[PDB]
Amino acid sequence: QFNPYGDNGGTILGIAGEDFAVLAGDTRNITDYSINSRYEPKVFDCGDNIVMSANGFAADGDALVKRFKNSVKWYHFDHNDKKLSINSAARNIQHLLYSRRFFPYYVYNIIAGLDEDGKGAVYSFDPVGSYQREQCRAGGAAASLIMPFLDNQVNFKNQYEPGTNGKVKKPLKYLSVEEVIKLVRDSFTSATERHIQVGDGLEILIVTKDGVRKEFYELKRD
Amino acid sequence: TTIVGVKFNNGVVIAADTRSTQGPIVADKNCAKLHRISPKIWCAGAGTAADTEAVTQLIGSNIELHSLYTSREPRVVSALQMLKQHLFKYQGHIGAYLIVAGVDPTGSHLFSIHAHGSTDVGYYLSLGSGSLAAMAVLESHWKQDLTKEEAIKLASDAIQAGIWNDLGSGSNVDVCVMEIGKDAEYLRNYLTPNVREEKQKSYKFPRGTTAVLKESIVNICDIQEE
Amino acid sequence: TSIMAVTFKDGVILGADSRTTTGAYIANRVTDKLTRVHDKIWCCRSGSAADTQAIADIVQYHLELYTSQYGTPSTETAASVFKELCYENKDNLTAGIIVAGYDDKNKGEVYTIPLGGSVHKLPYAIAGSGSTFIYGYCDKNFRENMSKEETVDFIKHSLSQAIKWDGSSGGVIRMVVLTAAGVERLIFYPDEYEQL
Amino acid sequence: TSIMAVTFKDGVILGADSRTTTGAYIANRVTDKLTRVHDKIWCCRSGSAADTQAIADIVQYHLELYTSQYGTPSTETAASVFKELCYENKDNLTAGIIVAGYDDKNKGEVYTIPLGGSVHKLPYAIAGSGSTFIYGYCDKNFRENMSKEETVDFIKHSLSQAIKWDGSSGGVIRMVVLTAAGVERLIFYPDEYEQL
Amino acid sequence: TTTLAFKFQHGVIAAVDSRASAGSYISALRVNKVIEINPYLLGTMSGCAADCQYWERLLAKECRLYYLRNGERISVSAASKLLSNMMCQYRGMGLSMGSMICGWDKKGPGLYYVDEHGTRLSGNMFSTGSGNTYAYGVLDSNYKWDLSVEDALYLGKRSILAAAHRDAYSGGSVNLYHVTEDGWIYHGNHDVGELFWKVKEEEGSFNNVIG
Amino acid sequence: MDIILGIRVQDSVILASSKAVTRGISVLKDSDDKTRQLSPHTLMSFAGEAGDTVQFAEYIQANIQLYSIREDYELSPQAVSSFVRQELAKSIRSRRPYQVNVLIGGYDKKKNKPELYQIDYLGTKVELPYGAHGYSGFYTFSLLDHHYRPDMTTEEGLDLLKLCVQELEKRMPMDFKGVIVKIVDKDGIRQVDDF
Amino acid sequence: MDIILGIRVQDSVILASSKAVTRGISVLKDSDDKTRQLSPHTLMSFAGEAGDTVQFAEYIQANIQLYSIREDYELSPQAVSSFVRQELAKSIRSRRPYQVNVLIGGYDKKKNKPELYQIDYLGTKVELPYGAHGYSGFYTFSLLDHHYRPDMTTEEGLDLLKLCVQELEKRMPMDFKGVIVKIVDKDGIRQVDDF
Amino acid sequence: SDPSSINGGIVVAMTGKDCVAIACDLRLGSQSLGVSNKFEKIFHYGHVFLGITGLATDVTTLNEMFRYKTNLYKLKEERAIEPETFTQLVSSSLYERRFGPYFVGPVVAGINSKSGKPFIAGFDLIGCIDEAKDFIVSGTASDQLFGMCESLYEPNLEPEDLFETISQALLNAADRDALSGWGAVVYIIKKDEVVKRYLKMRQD
Amino acid sequence: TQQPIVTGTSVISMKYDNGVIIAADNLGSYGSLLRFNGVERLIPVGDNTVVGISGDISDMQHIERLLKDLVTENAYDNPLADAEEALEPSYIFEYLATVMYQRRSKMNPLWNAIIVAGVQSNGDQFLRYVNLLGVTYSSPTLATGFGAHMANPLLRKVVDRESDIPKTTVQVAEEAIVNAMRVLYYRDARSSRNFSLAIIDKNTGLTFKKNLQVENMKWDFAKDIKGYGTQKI
Ligand SMILES: *[B]([O])([O])[C]([C][C]([C])[C])[N]C(=O)[C]([C]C1=[C][C]=[C][C]=[C]1)[N]C(=O)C1=[C]N=[C][C]=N1
Ligand SMILES: *[B]([O])([O])[C]([C][C]([C])[C])[N]C(=O)[C]([C]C1=[C][C]=[C][C]=[C]1)[N]C(=O)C1=[C]N=[C][C]=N1
Ligand SMILES: *[B]([O])([O])[C]([C][C]([C])[C])[N]C(=O)[C]([C]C1=[C][C]=[C][C]=[C]1)[N]C(=O)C1=[C]N=[C][C]=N1
Ligand SMILES: *[B]([O])([O])[C]([C][C]([C])[C])[N]C(=O)[C]([C]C1=[C][C]=[C][C]=[C]1)[N]C(=O)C1=[C]N=[C][C]=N1
Ligand SMILES: [Cl-]
Ligand SMILES: [Cl-]
Ligand SMILES: [Mg+2]
Ligand SMILES: [Mg+2]
Ligand SMILES: [Mg+2]
Ligand SMILES: [Mg+2]
Ligand SMILES: [Mg+2]
């Protein structure tokens, strides 16, 4: 019997800062126990200061991104070159995903950028189109490895202030872009160690009011 | 898993990677797949890890008793025969896929054995999920009349092919050299091409960060006098 | 697998390819499927490698013990021991074996034992997945009382074609000659038999 | 079923057995599997009798309409119409067809169309359940530019062996000769071809 | 998931947990299981998040169009029925949605339960999701029509806590809503971890647990 | 849903229907009315798969109400029952059938006779003095077979109905949360508020 | 069978067990006592597959009674619970396991403490202040979590138990025909004949 | 259905400077239903500590079995069993049930009384030994624990620093697992003193 | 949904400093029967692209016809059909990728794995993969089927990352490809000795080599191998 779905592995990570946002993802592409590519870009600049990554079944991922990029183009045509806000992009993507409710896009999708007040924004989607704005989200193969670490090191969960013994929580101080990138690199380095589908390379897209910047880092190739 | 065996001029060498997995998760990054059946008979194992260790320890135990009974050094054909008859009896359910090698009074030997009990003879062999990547290297670079140095290089290169190209294999390369008229040299972590880079940050917490409810001394000592 | 055994004037010759496969992967390209169970009683093995090895080892043990007590066993006797194992354990075995041997009294003999564990004495026999493609060729080209050189050519040409068409067959063509003169091993490489 | 088509110096010859089976029962022992789709374009049929008849009838209709508009179609064109039907309806069909024809420009041509609906132009082709047993024989004995008499003997000997070993093949050996001279039908009975 | 809603003297209370799971893995600690359809309509969520979000945001479209055509706000009865009719079209196709439509209309407070089978039930009190049995225990033994807004808010809050504690697939935080004739009023997000200990001390409950 | 009973006495038809609705392992409601008035002198109770029941009942109700307005005339219970049967017989061979069993209790004003029709989801219609769907009849029919007369009063019909419910409450494993009872006679439809 | 509850208060253990037994679609009995006295101060209630329950309970009873006679001494509730657990852990890997869940309520005369042990058919033992098997806990644990104190009297324990049964009777689809309640304390075992 | 995830639970162990730590959650459940918040999964036989995750009946059974075997060992050997020796005993005992295994994920932790060397080990349900230098994880949130340990851990931590690291690894892993939590315990082990600490965590 | 009948095995390829190389054997297998020995599985499109196809042969022939029609269609009303508006490798691939993903989305796939090798207008190397699922990826080396398991490891030793491409000559690249084809003949049971090889260079253009054979094979060591363990004769 023909199975229309497949698993291309990979892992993605979105973090929302105070006035910035990052969307990272490894560059390894796989089937079963083989490597297809050590460098196959997974996070894309979709225009209007929005970055996107559809992780899971690569064919459905490429199709969704391609259709969203198209939706941005036609949004400009239809509404006098108006900038598509991150919240509007998120709602649009829900309807793209739910159009295939009974034959879904097999991907976990994340977009990142800035909201209309200039603050950092990350939105997270399931394969059938449920979505929500988040401060922090890991998606894909090693998502379960990374998220707990981010609960601890980004939202300071289970961390209290010394001397008080559980009475006073660690205050939720904001993180700089340099601090976030450190947590991203350590997350993927740790994921690479314990997850066979994670490795080769790490590509990070950083979004600020100035635009979209890229950073690349090597990961272990075994 | 990637394991290989290569014959050379005056002996035989075996090698293996050090990765163990359950699904897509790595359980052990530096696992030992090279086993000692007897001092100069070693085997590499792929498949179910508990099975490769258990079947190897059992036959190794019986080989030791046999050696004592006969006042002779153990032979590779004996270990081979005892392993295959044991595995055949369990009709493939004991998931041990082994490369058996060694030196004995008859000379140097190299065999493979599958879980259902079939054995094979060869100058170069490979087993495991990365056996295709390793065999590609072996088929490209192997030749008759290899030296000890050339064979170690070929064997480790074959393992590396598995490490880099097979997701079921990774981390380090273990080697064991069995030369005629010499002690077998077990080279644990012969290559270390996958050391983790320094982390960007230290995650050492301030003392008192974790909330505690109760403390108590655990009595590990025995009942005391007086 | 492509195996065959052929009787001729001076005795019998066994022939085999050298390919062992796990699906489409060639696990061993230089396999020896021609197996000795006694000095001048050999067998060709097809099917499960584990099963046919286990059987041949048990048979070799039986014939070694037979020899210690009653002297050299006949080829028919060896075929009977194979049969007993293959028939009684038919539910759990996958073994297609050809038994070939040389006596001085009976000369060259060939017995084929297919899956069910039945025995068939024949002038020549073919077996394995690749044998299907040479039923026509072998039936047309086989003659009784051929010479050693003619029999070698017959097996070489036959297995060449079986290898050509069968994906499960390949590598070198191994042969074992059984006569009064002794036991001779032959080998023929791809560059030789592919151009036939 | 044992079918084949062979090109030779003066054109092409089609050959077939005459057995149709429902399991082990022979439903027809005098079947005509050599089918005409145009004056000098014929086909050999294997697989489902219903499917291959339905296909051949549709093809004959297509080539009759082609002829009324554009004149005599080529053998390649006939093979393409067969292919289109076999490929596009591959999920619901079980048909193994060999297409053979004679042009004056192109002379004798043979196209084989296996289950998937792929097309393969060959000097000669064999198909059907019984073809497996003569891959070795046919590969060894086929030559290009044979005479009519040599080609008839080649097909007769080949199908004789296919019939001998295949239970799904039997009866008479039918043949159709396609040359510039015209269309000749031949038939060979069991007493003739069994003693070969 | 645990959701509840109940009618009382001064309107209707709506309370929900915040957990989302994928097998044993807790995929989200803080999901919003209440949708603000309009200032006088709320909808809870249980089942498939996508189905709940899509079909209840589509319900809000239809309720808005009702207001524009008629110039009047849609009733809770009519709104709940529109939604139940949507489910009936995809009847059998595999949707998974359990929700309560809460509001205040001309007849006073209204509460309807709707699920993927097309079921539509009017009632005073409902609870849905994996942890609904635990919430019903607290609700049934403490519910009165004579409840104050303060006590009613606490009851719904305490009922979700009960479920969050025992049900493995319920937890995270509690979202409270109070629906009046002047519209719904959000009464905050309440972490269960902090709420559990607070309730344990002040109420004396959960003696079995050590704190 | 679970339980629906019907009995035709001298001058009326009495329908009794359970109040329970269950989702998963939890009883969501214990006051559910499993019935719809099709016309002033015709009542239909129903039981079957979740959702389908109410959907089908309301669809039938709308059709009969449409007929009533168009002709300014009430269809006889027999005519309504035949219309309902046809819709179910139509439905059973559809892509997704409506899994609904019904009882139709009506008072024919022309003949001055009460009438009870039992129709299952296949479209199997029978006119009966008393009827039930599912397992209900297994417990209750022996009592009805014994005690039923055609000249019974409405009060005697209710007493025999109480005995049936008591037997159900004793021997059924499921708690159906009592029954809502309704009476259909010459004056129309009314509910017995204490049962 | 269906429902078994247990609660350990200050000076006693209270076990409540349903009275219903169902074969096919018919309730055969509404007064069944799903319990066995293992020793004068140890009571075991049980629920699971038909037949296995009583068989297992009586087998345990015989073993404890044999021990009592041999040593002229009553085993502690803890010791009995461990013996029972081992028998179930032994049973789960047998050819045909005994599909039985139990609660063991006992009063330890040495420590002067009531003790409640919950053991499922796999041999999963836990000591608890209150416990249940099957779906019973889904309805009742929220009430127990709220109202339970360790210094409760026997009378307060019975009142909290009544509230649990009332909640079950409201929200469970199955009619379990009420419960038999038994109290285990320093004076032994007694049944509450009005509940 | 899956025996290894019916009851839920986790165990994690870590090495430090002249010390080891082993920790576990306190939950026992019946799938979605939480049954007990006092089900400790760490046991000790002399100075050797054993944590066991998986099917609760087998956890209890194996504890009773290793208590049985270590008590006999001590009577015959006239000394307490060491971590290295106990690790082999666990492996041997699990493999004897190769085709009818205990559905468990054991974890050994302790310090050799003669050499003073810290030791940890993990096993699969059938005896394979994972003798790690850094850390061992087991249970329904093992993926979560691997991610926490692999990022938070660093070698040669002092006992009071190691406590914070292992506690935060357990707590945050458990808070991303539906079948783990409901309390937690941490053992800090030195050559001749062992401290046991119950942690405060969210109870959902 | 169908099943593949007549099938082609591995297609292998790699980038080098001035272009790309692609190779595939000439066999059309019918299960374990090595049925057809003269099948061309490399199909050139113009003078700048070669499409290598594995899997179902009937579907391959269908794709071959689509490409032939694509060339015909591109020339229509196109004065620059042999110049600026000629078909590019990227155009040909994206077309095939669109078709493959559409066919899988109708649950009626083309049962193939395809590699499009070529050189773009600006001289850039093009090498991308697509299969029956519509999955696409690019890498310095690409291979289908058994080639992915055996060829890629060998070819990645020559070009391990992007920076190794300019350092790799056409002689070294072809040597590696030819060696890989020998290894596949040793180890793949559905392979043949005869194969085709194509080189697309930005300077020397398209070079298509037919009737190549695997040579320099090692078999002599087989004579020393006897029995399966204890046998000496
Ligand atoms: B290798 O991949 O063949 C390797 C060789 C082994 C001797 C270390 N095998 C494993 O890593 C196996 C893979 C496997 C997974 C599931 C079932 C059977 C085999 N892993 C283990 O044996 C294993 C997994 N988790 C813990 C311990 N051991
Ligand atoms: B031959 O193909 O029959 C061959 C003969 C054997 C004695 C070496 N058998 C095999 O290669 C079998 C598979 C098989 C192929 C075709 C027909 C029947 C069976 N292989 C094995 O037994 C095998 C393969 N890999 C590892 C171990 N054993
Ligand atoms: B031949 O065996 O392929 C033959 C060719 C046919 C065109 C006359 N086919 C059959 O005899 C088939 C069965 C079959 C046998 C072997 C391979 C494939 C198919 N039989 C029929 O189609 C048939 C039989 N009885 C009645 C009607 N049709
Ligand atoms: B709740 O459990 O019903 C919850 C409500 C939803 C609105 C968030 N649903 C889920 O958690 C479901 C799984 C589930 C658990 C228990 C009962 C029923 C369903 N998960 C999701 O909907 C989901 C969606 N995307 C990602 C992860 N989980
Ligand atoms: Cl063999
Ligand atoms: Cl026909
Ligand atoms: Mg990795
Ligand atoms: Mg071959
Ligand atoms: Mg015949
Ligand atoms: Mg229990
Ligand atoms: Mg919870």
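Each chain gets a letter, A, B and so on, in the order the sequences are listed, and its residues count up from 1. Order of appearance sets the numbers: ligands from 1, and atoms from 1 within every ligand. Basis for what follows: all heavy atoms, side chains included, without hydrogens, waters or symmetry-related copies. As a textbook-style caveat: the illustration shows part of the entry, and contacts are counted within that part alone.
- Notes: drug at ligand 2 recorded as bortezomib (bound form).
- Tallying contacts with bortezomib (bound form, ligand 2), the largest count belongs to the chain named in UniProt as Proteasome subunit beta type-1.
- Heavy-atom contacts below 4.0 Å between bortezomib (bound form, ligand 2) and other chains occur for B, C.
- We find a covalent bond linking bortezomib (bound form, ligand 2) to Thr1(C) OG1.
- Close approach of bortezomib (bound form, ligand 2) to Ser118(B) (heavy-atom distance below 4.0 Å) involves ligand atoms 27 (C), 28 (N).
- The deposit gives chain B the name Proteasome subunit beta type-2.
- In terms of protein heavy atoms, atom 23 (C) of bortezomib (bound form, ligand 2) is closest to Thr20(C) CG2, 3.9 Å.
- There is no protein heavy atom less than 4.0 angstrom from atom 17 (C) of bortezomib (bound form, ligand 2).
- Heavy atoms of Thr52(C) found under 4.0 angstrom from bortezomib (bound form, ligand 2) belong exclusively to the side chain.
- For atom 7 (C) of bortezomib (bound form, ligand 2), the nearest protein heavy atom (residue, atom name, distance) is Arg45(C) NH1, 3.5 Å.
- Annotation: atom 11 (O) of bortezomib (bound form, ligand 2) to nearest protein heavy atom, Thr21(C) N, 3.0 Å.
- In the candidate list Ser48(C), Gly47(C), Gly23(C), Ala95(C), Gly47(C) is nearest to atom 12 (C) of bortezomib (bound form, ligand 2), counting heavy atoms.
- It turns out that the other ligands and ions under 4.0 Å from bortezomib (bound form, ligand 2) are ligand 5 (chloride ion).
- Here the heavy atom of the protein found nearest to atom 1 (B) of bortezomib (bound form, ligand 2) is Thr1(C) OG1, 1.4 Å.
- From bortezomib (bound form, ligand 2), the nearest residue that UniProt flags as active site in chain C, along with the heavy-atom distance to 1 Å, is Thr1(C), 1 Å.
- Within the 4.0 Å heavy-atom criterion, both parts of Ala49(C), backbone and side chain, lie near bortezomib (bound form, ligand 2).
- Counting atoms of bortezomib (bound form, ligand 2) from 1 in the listed order, those under 4.0 Å from a heavy atom of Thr22(C) are 24 (C), 25 (N), 26 (C).
- The binding-site residues for bortezomib (bound form, ligand 2) (non-hydrogen atoms, 4.0 Å) are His114(B), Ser118(B), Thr1(C), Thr20(C), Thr21(C), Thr22(C), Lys33(C), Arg45(C), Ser46(C), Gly47(C), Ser48(C), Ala49(C), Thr52(C).
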